[PDB]
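Structure note - bortezomib (bound form) present.
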Amino acid sequence: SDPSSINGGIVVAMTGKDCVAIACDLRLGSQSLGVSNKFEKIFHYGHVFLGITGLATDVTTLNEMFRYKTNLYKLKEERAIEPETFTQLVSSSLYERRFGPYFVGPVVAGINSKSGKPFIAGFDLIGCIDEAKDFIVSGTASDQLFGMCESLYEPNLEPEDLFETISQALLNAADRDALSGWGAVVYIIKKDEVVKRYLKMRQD
Amino acid sequence: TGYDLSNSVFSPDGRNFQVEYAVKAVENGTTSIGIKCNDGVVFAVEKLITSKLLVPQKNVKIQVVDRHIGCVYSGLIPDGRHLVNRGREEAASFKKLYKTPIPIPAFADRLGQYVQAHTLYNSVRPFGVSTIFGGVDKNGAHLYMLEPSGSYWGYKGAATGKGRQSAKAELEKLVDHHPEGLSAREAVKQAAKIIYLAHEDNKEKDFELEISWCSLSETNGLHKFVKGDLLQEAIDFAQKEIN
Amino acid sequence: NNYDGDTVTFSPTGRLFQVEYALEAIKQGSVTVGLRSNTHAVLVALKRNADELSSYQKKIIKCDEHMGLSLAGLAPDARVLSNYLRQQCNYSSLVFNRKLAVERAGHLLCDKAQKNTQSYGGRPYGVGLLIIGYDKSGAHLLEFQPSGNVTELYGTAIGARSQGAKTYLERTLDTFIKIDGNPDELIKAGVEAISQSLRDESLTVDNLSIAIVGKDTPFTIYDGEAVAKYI
Amino acid sequence: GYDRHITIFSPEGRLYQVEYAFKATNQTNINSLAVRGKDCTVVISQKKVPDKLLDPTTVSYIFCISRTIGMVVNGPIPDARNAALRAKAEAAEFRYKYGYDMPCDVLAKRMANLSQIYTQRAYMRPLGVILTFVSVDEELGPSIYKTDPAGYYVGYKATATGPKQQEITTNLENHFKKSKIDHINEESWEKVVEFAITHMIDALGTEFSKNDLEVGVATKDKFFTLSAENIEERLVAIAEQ
Amino acid sequence: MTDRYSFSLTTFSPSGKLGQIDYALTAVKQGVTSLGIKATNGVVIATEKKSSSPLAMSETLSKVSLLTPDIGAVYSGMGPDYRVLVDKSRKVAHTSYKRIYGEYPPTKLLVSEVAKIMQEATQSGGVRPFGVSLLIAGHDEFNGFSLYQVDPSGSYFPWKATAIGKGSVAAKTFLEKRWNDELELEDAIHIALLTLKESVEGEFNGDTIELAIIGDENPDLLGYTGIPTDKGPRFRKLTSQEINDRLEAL
Amino acid sequence: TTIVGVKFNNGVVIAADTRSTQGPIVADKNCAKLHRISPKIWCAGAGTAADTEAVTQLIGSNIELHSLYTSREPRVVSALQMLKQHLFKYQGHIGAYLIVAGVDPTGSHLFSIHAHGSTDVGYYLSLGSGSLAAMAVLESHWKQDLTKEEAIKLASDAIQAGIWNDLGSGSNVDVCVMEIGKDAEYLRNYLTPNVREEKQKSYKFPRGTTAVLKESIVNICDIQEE
Amino acid sequence: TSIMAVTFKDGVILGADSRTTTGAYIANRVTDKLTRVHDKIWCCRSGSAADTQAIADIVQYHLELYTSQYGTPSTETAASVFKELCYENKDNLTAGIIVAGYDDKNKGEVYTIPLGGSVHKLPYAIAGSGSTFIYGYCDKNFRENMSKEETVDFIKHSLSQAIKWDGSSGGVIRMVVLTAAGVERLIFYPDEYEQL
Amino acid sequence: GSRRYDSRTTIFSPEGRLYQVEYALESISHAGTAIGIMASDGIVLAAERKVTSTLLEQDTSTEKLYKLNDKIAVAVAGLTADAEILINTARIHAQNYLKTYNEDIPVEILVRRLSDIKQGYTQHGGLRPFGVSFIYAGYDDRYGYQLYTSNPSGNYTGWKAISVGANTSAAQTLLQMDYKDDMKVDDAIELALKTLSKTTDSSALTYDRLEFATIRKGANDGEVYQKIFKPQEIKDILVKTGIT
Ligand SMILES: *[B]([O])([O])[C]([C][C]([C])[C])[N]C(=O)[C]([C]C1=[C][C]=[C][C]=[C]1)[N]C(=O)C1=[C]N=[C][C]=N1
Ligand SMILES: *[B]([O])([O])[C]([C][C]([C])[C])[N]C(=O)[C]([C]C1=[C][C]=[C][C]=[C]1)[N]C(=O)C1=[C]N=[C][C]=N1
Ligand SMILES: [Cl-]
Ligand SMILES: [Cl-]
Ligand SMILES: [Mg+2]
Ligand SMILES: [Mg+2]
Ligand SMILES: [Mg+2]
Ligand SMILES: [Mg+2]
């Protein structure tokens, strides 16, 4: 009944020293029934990364929408969109459906190509921007993720250390949520290289 | 040239020839007048008897708007009816929102703006009538005359149609000889005379006289037609003056 | 000349040529006569045929139990206007339980025709109408012109050669007005009136069309052998 | 030659319908003048009642647009009243939407934009009027802003409009060359009206009775027109010195 | 009523010419001279305040207009057309960009939107083209400083320096000799004043000349403090006094 | 949420806490509730966060266009009128509860706005879940003819009362001062009385602690030449 | 809310408390419920604050536009504009408004417009939640053609009692006097009216 | 009424021609020449800017060559403002297709859509047609490298080598002479520039008077790269081919 918890899933993002990390689980289900273990929730438009939790049809629809808009942006602007600008575009796009909203929890992550500054942001389903310094959480295990992040996180972590922190935050949060898990992906993002890692986790 | 072929086009003079051509239709029409009196107004019109087959006192020309405004016009009769229909809508919406009956100056502008709007586009034709109208409101008696251009002013006496010059001359005498004012019953008598005197311009066919009036004392500020004995009294007075 | 291309254009002398051209279509139409007394009102119409194989075009249309008209000019325009009258008569009955006054019916036709003479794109109606009726103020006869001008009359005629019938009625004015409580004699006067507009052709059984309305007489149309009595 | 019938460009880059609308402006044969005082803005205009049958009280080309804004028109009365009604509606709407009284210059711009649209859109004709707006603005003080059929508008130290505008304009120009200030240095509005009438008399070379003039005065928080008796008092003061 | 002009008033003639656009350009030719020069660290735009009357207060009429905090515009041709275009240009900068991306548009894209509006008046029903040519100077983070011309057709071109209106042919020749890629903003202002003096007949001073720049950020003109990333508008209109100071070193 | 507005001698000050919540969870610890409508017109927002942001941006955008159209600095009553009519039209469904303040050519002003579109005038105002705690402080310590220094102190104290006593409010105090004839100063994190203590332990993991299945480079660059 | 308007010899006086409540919390203790729609046409507002403000703002706009075209409107005209808004939007509005004004021709007039959007011209009118507690008092103590001082005392005593018994009413007693002389604002504080 | 001033932009002549389309083509014949040449391993787009100035900022300028998506580009001949209206519509159409089918739009489908829009203005609406002719250069996995052209009539055709704008008669004769089917991109680049150099109304062909672009599979492995040439890069290729 509750659109935000039919399919399940989670996304978490973290900042480090000259780097950002964004991670998600791979589950898509129909309430109790597990359907797919390959449903990735993180997408990217140029160097800007977008994770989306919530209703899976809206996750797909919004990805297609932001691909659409970022492609037109690039043709007209003659440059890739930046995380700060994309964050505003997500907010604008969500608020135009104020009284008929997409049932999603988006999370933006990336590094500004000009300033080199790490950037993360979270949103509610109607467009409100949460621009945190430390971390952003989203999905059916958001309580769990808040608890993990708030204890495990420390500032200025190196890329390879940040990977361990965000991975443990996701895994242990997912294992306390029935509608999350079934695999996980972690993106480590630096100014001009991005590494993608699939995590080994319990499959129940 | 070609400036006169389309409405709302300025000629090199700065003139709208289509409106000036509408005036020619007004000048071709029968004579109609208005007289402002002490506590009201009087309207009168010339009705040409084209044939014996016309039923007397049936083809009424003067029209009422709301219950306190009288309207008469010269030129294209249907255009005048269209304008009065609009006037009635304007008066109804005013009374609907503001409760009080529409003041005469307020009513005058409603017609004025509507007629003026028909000089703004080539997709419409100007009105082929000059309308004399007025009545009694909270501030007293008012008489107006409205032209095809949308131009209107307040008047002490007004006249239009084929016998307007003759009528205007007669109205000017009344203004000079009665600075303190004219009574309602006097104005009806004078109105009858002026129409009869103005009939010399349409002397081929005989005519029928039609008079109406609004007066604070005589009609309680409501528009009424002059009928029966009071009408005959005015006709007798008029017939006596021409002889 | 240069000012007759559309209805939205006055001429330099203040004339509307498209309206005048519409008026011309009536003069080409077949003659029809209207007259009334105090009790009854009568329409008489000379129907026109295309040829000997063709039927005679109907001229008279019923609008209500107490009202109807005869046409001269473009017949389809008479159908549009008569349909409008039917609706207006019908609105008066359904909403106010009130038979529509003949004078008010004329006012409604005037205003409908007027809108077509002041707006761009449209055209004036190309037909003249003679409306008869019996309402709360007795018998009535109206003449409609597509300029918008509607006139209440004792008697009249419109169409080709209508001047002859109109003169006759102007002489007979004092006689036929007094024909009260006698429908047949009032029709006789109407048939004799329309006869003054005839040349070459005469009134035959399928040529003549008569209608009547009165005090205790609903609007009824007579055609065929029903009018042989009056020939 | 249909480029002279509607508002499209001629080969010279001109809009003839706009130019002919400017010529309609002088059809009334009336001259108007506007000047600024310290605390006030005064506008005067010739009043001509040729017909004896006219009610002279109703013959006017000055309009009370809002409590603060007044407007005098040069041009035919139908177009004048069209512009007046619109300005009143715009001024009222502005107050409702934005919570404060519409400034004189802002109304002038709005009406000028509407006029511009008629010069660009074919189905709408220009209005054959010049609109002179006057007020004492709460920010800018005494204000005179004038609009024309081209959609042009600008603020003024003083201005004149009509058939004999140039004679009045030069007369005013020469005064401000002497005083070297942007206004009439005078405390009371009564004396500013006297200045306005005096300089119109000198420029036109005609004397005025009480019924030959029409006067509008803008002060802080209200605009008002003078009666025939108020003008008479003004004419007496001029004659006595 | 109804707008029954649903057809184009600008059409191709047998020779392939769009008459109304050509005639609009002729109206621009009659217009007062305006110019723009681009420097390394700024842009300057300038024009003559041709006062219609000495009684008229020429300060109230603004020929040079702020569109965004970092973009300005000047014109040659019909003033009223320019005024409404500025209103539409300011609005479209918000509706089609700022309300979407949370930031002001880059110069080229705002120019593109203005160009679109002018193109539509060349093709849409019942309208004539705008009788103006615009010069739009602006700055943005990724493109730096830029200067654009926009014509009645809707066509726009980027310029290092240019002039439009009355004496544009002579003014463009004058700019070709003086312009180089190492000009500082003050040097461009100096050249702008020299170029503009040639086309002006009468008085030449701060009160008869209108001049604005796109240059350094002006935190003093921002109106508030407390946000480091907001450093103020790059658009600044030069005062009457500031112009006269540079006319002494002329 | 605790937001307040306090008038003083030569202007007006507004303040706000920085906590955003979704149910019993804190969504953002350092949320920015002071919004700029125009350079010298600022407003604090309570209720639905997206709504307070959106309605402020929209009116702020139209206020800017209005300022350019009229060649005048914007007025607080204009922002007030545009906000109330927008909110009234949406019949309270746009959940924005605002304290609108500013200085303009008319003077200094302070208003409140509720979601259904009703406005109120006052020398001191408070909105949000912590408004009762804040209003208790304002009603106890407010006086006429406050100085700039006293008004900031009173405003921040009112927010603190919300921070400590209302569970819907917390973290930091944001302030904006708008004085007549001066630039408005936005004091982001004016007070910071809720810094988290040092943790007992570092939870930095040894590298290789997490089990990995696959690795790959992600192509973020465009299609390449040659 | 406790509001009233009372006609008297020299004109009319409007009166109101200053309390706005959200349930039992007093959201505003110094509210001004006496609002101006024209120079000498004012109204007392009760019910929804948002609704009555929106209505009053629209009426002020209508009367400002009326004045520009037709000159000063009558109090009856102002009441009719209120009625039109209240009647036609009755399903969506909660507004109890008393309209009071001073003409020179008609002198002091009072029109009350309850929830349904009906209009009632009365010598005096009372409305709002607190009015219930003073129907007895006001009916017994009202006289026609009172003096200014008597009318002020009548309103002060009436609203004092309404405030005393109604939880939704309180604060200061505001009053607006409408006469030929002009417009006068009066205020009365708790210490004054409670001891009555 | 308004009928008086209607030019009637969508009617036939007695000969069965569309007046406005024909006159729009006459306009385009005065525009700067644009050439497209399709090779086995890529496509070339070359175009001449019209009588430029030394004070024109070239490196930020774009009047001829526009990008529709990553796979498709166009060369413009005619009114630039008209072209940009259509270009933005085409960009949107490509994105609509990508959103719907999750695949890049086939070149012909994009071309047909734009060509249909142009057709509409010749048959209904009473508006003037777009005074624009396009050369479409694009790639998809069905037909590979493709060249198309469209004109104000809304008619489109496929080409191996084609020119639009000024001196197309002379240009097409030269292309028809030297073009061969087994030709490569580097050779096509040379042919395009040589053809412009002979047909140009200017005294000499220089880097500042040109816009140039290629669509190559010359991208790292199975994919397509669009290269819009910079002023310095156009200057280098002019020296390489031996024109300057
Ligand atoms: B405060 O409590 O009024 C605060 C002020 C806001 C402008 C930052 N509001 C909130 O924190 C609201 C509470 C709320 C929850 C649910 C529905 C409506 C209101 N929170 C949010 O708007 C919110 C919650 N989670 C994410 C983003 N925004
Ligand atoms: B009064 O109590 O009717 C009062 C009059 C209002 C115009 C200021 N109304 C209110 O206080 C209403 C609630 C109410 C109470 C009693 C009867 C009817 C209605 N309050 C509000 O409208 C309100 C409260 N808080 C914020 C915004 N609006
Ligand atoms: Cl506008
Ligand atoms: Cl209230
Ligand atoms: Mg699990
Ligand atoms: Mg399981
Ligand atoms: Mg026009
Ligand atoms: Mg109480």
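Order of the sequence lines fixes the chain letters, A, B, ..., with proteins taken first and strands second; residue numbering starts at 1 for each chain. Counting starts at 1 for both ligands and their atoms, following the listed order. Values reported hereafter were calculated over all heavy atoms of this structure, with side chains retained and with hydrogens, waters and symmetry mates removed. This depiction is restricted to one part of the PDB entry, and every contact reported falls within that part.
- The structure holds bortezomib (bound form) at ligands 1 and 2.
- Looking only at contacts, the largest set of contacts to bortezomib (bound form, ligand 2) comes from what UniProt names Proteasome subunit beta type-1.
- Other chains in heavy-atom contact with bortezomib (bound form, ligand 2) below 4.0 Å, by letter: F, G.
- Under a 4.0 Å non-hydrogen cut-off, the residues that form the binding site of bortezomib (bound form, ligand 2) are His114(F), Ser118(F), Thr1(G), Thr20(G), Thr21(G), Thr22(G), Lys33(G), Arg45(G), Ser46(G), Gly47(G), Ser48(G), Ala49(G), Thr52(G), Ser168(G).
- On a distance-only criterion, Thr52(G) and bortezomib (bound form, ligand 2) share no N/O pair closer than 3.5 Å.
- What sits closest to atom 27 (C) of bortezomib (bound form, ligand 2) on the protein, heavy atoms only, is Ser118(F) OG, 3.3 Å.
- Looking at atom 7 (C) of bortezomib (bound form, ligand 2), its nearest protein heavy atom turns out to be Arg45(G) NH1, 3.5 Å.
- Recorded in the deposit, the name of chain F is Proteasome subunit beta type-2.
- This entry records a covalent attachment of bortezomib (bound form, ligand 2) at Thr1(G) OG1.
- In terms of protein heavy-atom proximity, atom 10 (C) of bortezomib (bound form, ligand 2) is closest to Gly47(G) O, 3.6 Å.
- What sits closest to atom 20 (N) of bortezomib (bound form, ligand 2) on the protein, heavy atoms only, is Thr21(G) O, 3.2 Å.
- Less than 4.0 Å from bortezomib (bound form, ligand 2) sit the following other ligands and ions: ligand 4 (chloride ion).
- Source organism (PDB) for chain G: Saccharomyces cerevisiae.
- Protein heavy atom at the shortest distance from atom 4 (C) of bortezomib (bound form, ligand 2) is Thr1(G) OG1, 2.4 Å.
- Taking any N or O of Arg19(G), backbone or side chain, none lies under 3.5 Å from an N or O belonging to bortezomib (bound form, ligand 2).
- Measured between heavy atoms and rounded to 1 Å, the nearest UniProt active-site residue of chain G to bortezomib (bound form, ligand 2) is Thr1(G), 1 Å.
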Ligand-protein N/O pairs under 3.5 Å (bortezomib (bound form, ligand 2)):
unit_1: bortezomib (bound form, ligand 2); atom_1: 2 (O); unit_2: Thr1(G); atom_2: N; d: 3.1
unit_1: bortezomib (bound form, ligand 2); atom_1: 2 (O); unit_2: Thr1(G); atom_2: OG1; d: 2.3
unit_1: bortezomib (bound form, ligand 2); atom_1: 3 (O); unit_2: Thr1(G); atom_2: OG1; d: 2.4
unit_1: bortezomib (bound form, ligand 2); atom_1: 3 (O); unit_2: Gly47(G); atom_2: N; d: 3.2
unit_1: bortezomib (bound form, ligand 2); atom_1: 9 (N); unit_2: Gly47(G); atom_2: O; d: 2.8
unit_1: bortezomib (bound form, ligand 2); atom_1: 11 (O); unit_2: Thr21(G); atom_2: N; d: 3.0
unit_1: bortezomib (bound form, ligand 2); atom_1: 20 (N); unit_2: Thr21(G); atom_2: O; d: 3.2
unit_1: bortezomib (bound form, ligand 2); atom_1: 22 (O); unit_2: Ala49(G); atom_2: N; d: 3.0
unit_1: bortezomib (bound form, ligand 2); atom_1: 25 (N); unit_2: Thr22(G); atom_2: OG1; d: 2.8

